[PDB]
Colleague: 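Opened a PDB file with ethambutol bound to Integral membrane indolylacetylinositol arabinosyltransferase EmbC.
Lettering of chains follows the sequences in order, A, B, ..., and the numbering in each one begins at 1. All ligand and atom numbering here is 1-based and tracks the order in the structure. A fraction of the deposited model is presented, and contact counting is confined to that fraction.
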Amino acid sequence: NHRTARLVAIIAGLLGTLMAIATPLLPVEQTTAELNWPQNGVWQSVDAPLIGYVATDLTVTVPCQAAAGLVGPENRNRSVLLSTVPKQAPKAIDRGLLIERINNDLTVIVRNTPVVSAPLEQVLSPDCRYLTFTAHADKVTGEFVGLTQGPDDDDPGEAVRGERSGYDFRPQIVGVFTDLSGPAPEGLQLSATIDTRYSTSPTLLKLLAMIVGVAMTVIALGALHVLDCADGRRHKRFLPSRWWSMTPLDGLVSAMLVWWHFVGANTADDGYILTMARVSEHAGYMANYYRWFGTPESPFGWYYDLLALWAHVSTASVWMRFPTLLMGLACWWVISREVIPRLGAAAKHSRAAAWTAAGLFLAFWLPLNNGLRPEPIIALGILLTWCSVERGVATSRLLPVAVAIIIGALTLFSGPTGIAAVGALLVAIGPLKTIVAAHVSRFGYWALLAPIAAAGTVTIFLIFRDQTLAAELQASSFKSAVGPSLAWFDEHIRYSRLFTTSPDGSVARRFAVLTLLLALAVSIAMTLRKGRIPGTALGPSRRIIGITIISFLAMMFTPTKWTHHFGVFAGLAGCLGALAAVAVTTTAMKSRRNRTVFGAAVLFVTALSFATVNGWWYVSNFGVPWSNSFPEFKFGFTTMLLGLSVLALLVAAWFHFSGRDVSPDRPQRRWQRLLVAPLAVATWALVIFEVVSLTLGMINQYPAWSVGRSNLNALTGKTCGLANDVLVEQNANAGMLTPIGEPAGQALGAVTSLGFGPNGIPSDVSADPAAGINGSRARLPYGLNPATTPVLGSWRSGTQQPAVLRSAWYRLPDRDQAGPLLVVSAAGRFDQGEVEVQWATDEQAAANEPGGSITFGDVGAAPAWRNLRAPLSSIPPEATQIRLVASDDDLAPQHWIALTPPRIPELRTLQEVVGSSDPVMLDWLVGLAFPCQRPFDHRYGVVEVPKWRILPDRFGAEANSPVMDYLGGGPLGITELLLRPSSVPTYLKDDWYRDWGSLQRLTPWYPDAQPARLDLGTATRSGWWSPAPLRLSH
Amino acid sequence: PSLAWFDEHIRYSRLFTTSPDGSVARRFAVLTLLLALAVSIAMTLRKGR
Ligand SMILES: CC[C@@H](CO)NCCN[C@@H](CC)CO
Ligand SMILES: [Ca+2]
């Protein structure tokens, strides 16, 4: 109550609003970086892979006598004079630049289309002084400076050139490669300015504007509080009343949250966000790493920098997901201490409301919010927005309304799914009008509405603290043009994915969404039928229902329609659980006909939930019951629950036609007390189902790896993840067994071989990432030496006769210097028991008798080379000599079999082979299971060349690799041209027949290509500056 | 081809395609029927009738 607090509020609020409007347009400081190619004055290939795929400018100028060492005798395999891609790549011709020599003409192919050409003896003339070339976003142009055309289609005497316009013909650069070796001549200057438009930094003026704007916003809200305390009333607390205490229900919810934090399924996007947050410190900005050309997360993701600071202690999965655990605890304590005692007296004194609020909270939290996504932030922000607004209405004060505006604008920019907070923002307009219209008669309009504007615009200092306005606008338009962006009428796709048979449409997610819709419909029907739900307050009940409906309507304007975007309803679900429990009791709903119909509806949506699989994501699915089939004991849970639903309808019809009630009949029993809360029983039954299913998944694979076993190992060191339980053989030529009779040639097909193909495999289908010891000419996988490994086969191009193969006797090693596996490699499509092992002792093989038989098992895509494996625990400890055996059961020419000799591999773990220092190309799924391995960096538009690659399993790799491909951005558009892959044998340490994924080596085409060095500078740019358009690959 | 009772979402998934099954006329008819039914149910709940 002072005039000074009425002047300070106006002045500070207007200054904060002006400094917030001004700050996206203030200058920055770009770091300019260009590539001048001849580094030390010699012909040497360099390696500079650009992340935006193209430079904003390119200029090469080759003299005449540079190409003197390009033609001569027939000892010249030297084709290219200059390139921006390695010529050995399959896609090198239709993506980059070449000044390659076709047989007698020196031509430069740019983006698959020729630009200029000339005969080579005319280039080596004393004319043709240059080979000027230039590339831009509108035209490319080449020119032989010195000569003209001859007797051809063009008239001679026109000074030969070539231009291509009307399309973006800029070449992709992954380095500058060549095929010469001498000292470089004069001239010969390639130059390219790299697009480092996001490598900015604030200037002094922008930094002072951000500091002064935040200070003025704080001073304006302090003056707003001094105005609000004019009526004589003091503080006396901040928190609710029963905050520092525990009950049994709080202990139960806390125990379920902690145990799900350890043995719990994770979401899909955790390695994505962890890899982004790990590389963003060296990059200097927050780039989206797997897609869209290195464009940043432009207004969204203010908290990824907090995750990047949080990850300096350790990158373990129990450490990185600990703020999400704290958000879940805070969310339930806000629900039970602030919302439920606010919704009335019948909601506050009843216990069934508390139990079903806890149940719907856990049923939304557990399948949907165990990760690094922005979903818990948005859920807790919607609750805190509603609680601040609801406290502003009661005490009739404006400062909690301004705090709610700050929190709502803060959670609006967590992710694109944060648009659900506009429900809690739009419901808070009527209350704000009611509060402002009461105070305006003694303070005014400016003094009450300038801190509201300052608090509304304080978030622009957080969005635009690193980027400019032009960068974020053009990047958002470009991401909408390139990537997957569905419109508002494609909202049915989210609900079509909810009803699939996949991890998107599993039991838990489907149950959560259908139970939310049921509780919302019952609350709306009881609000329409009576005036309100009877024992509850009017305003808060209305505002809960309105916020939930506007959240459902606002969720259709998101660019992607996924199923894990329903995790924003985890705070509203406890509130609707309390309302839908009060709306069902005998005090509110008086007829038992209606209560039996509601119980039947609960049973019907529970029946509809179990009509799918118990499927979870990538490695959360190991060992889980019913993870690939419908849950059933003998019939199916869905048919049993449908029968119970029909029986409940028949009981309701008998209640209808008999004309009977309950109030002088059933006072209280124990099952009658259990029966009146259908939502509590259904929600806690599904919560116990989920928790017990992942605990049993952890128990079924105990010596093998599981998610929960790694999270419980992490309490005692061992924070590497899956990298300790994957065995890797580097050299696949090491543990070959030795035969007893003839040497290592024909000893594969020693004693019986009819239909044996030493070159009898199809050369076209059998392919994986001369002369042989068997006379073979086939390609061997996994780095097998053709001079030591014989190959047989069972394929032919004529009429097919049956084939029987029977090997020689192979000596077995000692039982301490032997690995856990016996491996043969095999190609072709065949059945389970086609290839077998036949072990014997010394005297059993001297008598030529079987002695035993085990069968190989297989993991792999057929018909390509794969590894067949069998443990040595299946071979009894008295066996000394083994022998292979094979037979093809007809099935026409397409069916076949290929075979190599037996091998006991010498295995090391993946943490010892792939260390913690080499750059690894991780996929966007394999990020939280491999936390010790580091991804590759990028600093000024140039990326670091990886050495390894880790993939998911085959079903997961063939459906998720189009995120990272060439058509969307992606680092698989760079390594597709620069590097060649090579598979490595890898086995899961105790669950040998499981497809965990795969590992690859990445080898350069030119091994003598050093990294480049860039010439750095500093330029002061403005807030609307833009160097060049963003080229989209189409 | 015989789908079960829990495959009832497939009829609406076909209604929201871009094909002669999900054309303008059929989609308008079904959505207008659902709108009129919801308004009738809401007015029957709110008042007596
Ligand atoms: C195609 C993969 C999807 C989800 O499955 N990832 C969504 C993108 N992740 C966002 C941040 C988690 C970045 O835009
Ligand atoms: Ca055959």
Colleague: Just curious, which ligands or chains go with ethambutol?
Modeller: ligand 1
Colleague: So, around ethambutol, which other chains have a heavy atom under 4.0 Å away?
Modeller: A
Colleague: What organism is listed under source for chain A in the PDB header?
Modeller: Mycolicibacterium smegmatis (strain ATCC 700084 / mc(2)155)
Colleague: Which residues are in the binding site of ethambutol, using 4.0 Å as the heavy-atom cut-off?
Modeller: A:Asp269, A:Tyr272, A:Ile273, A:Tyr304, A:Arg373, A:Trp562, A:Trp924, A:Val963
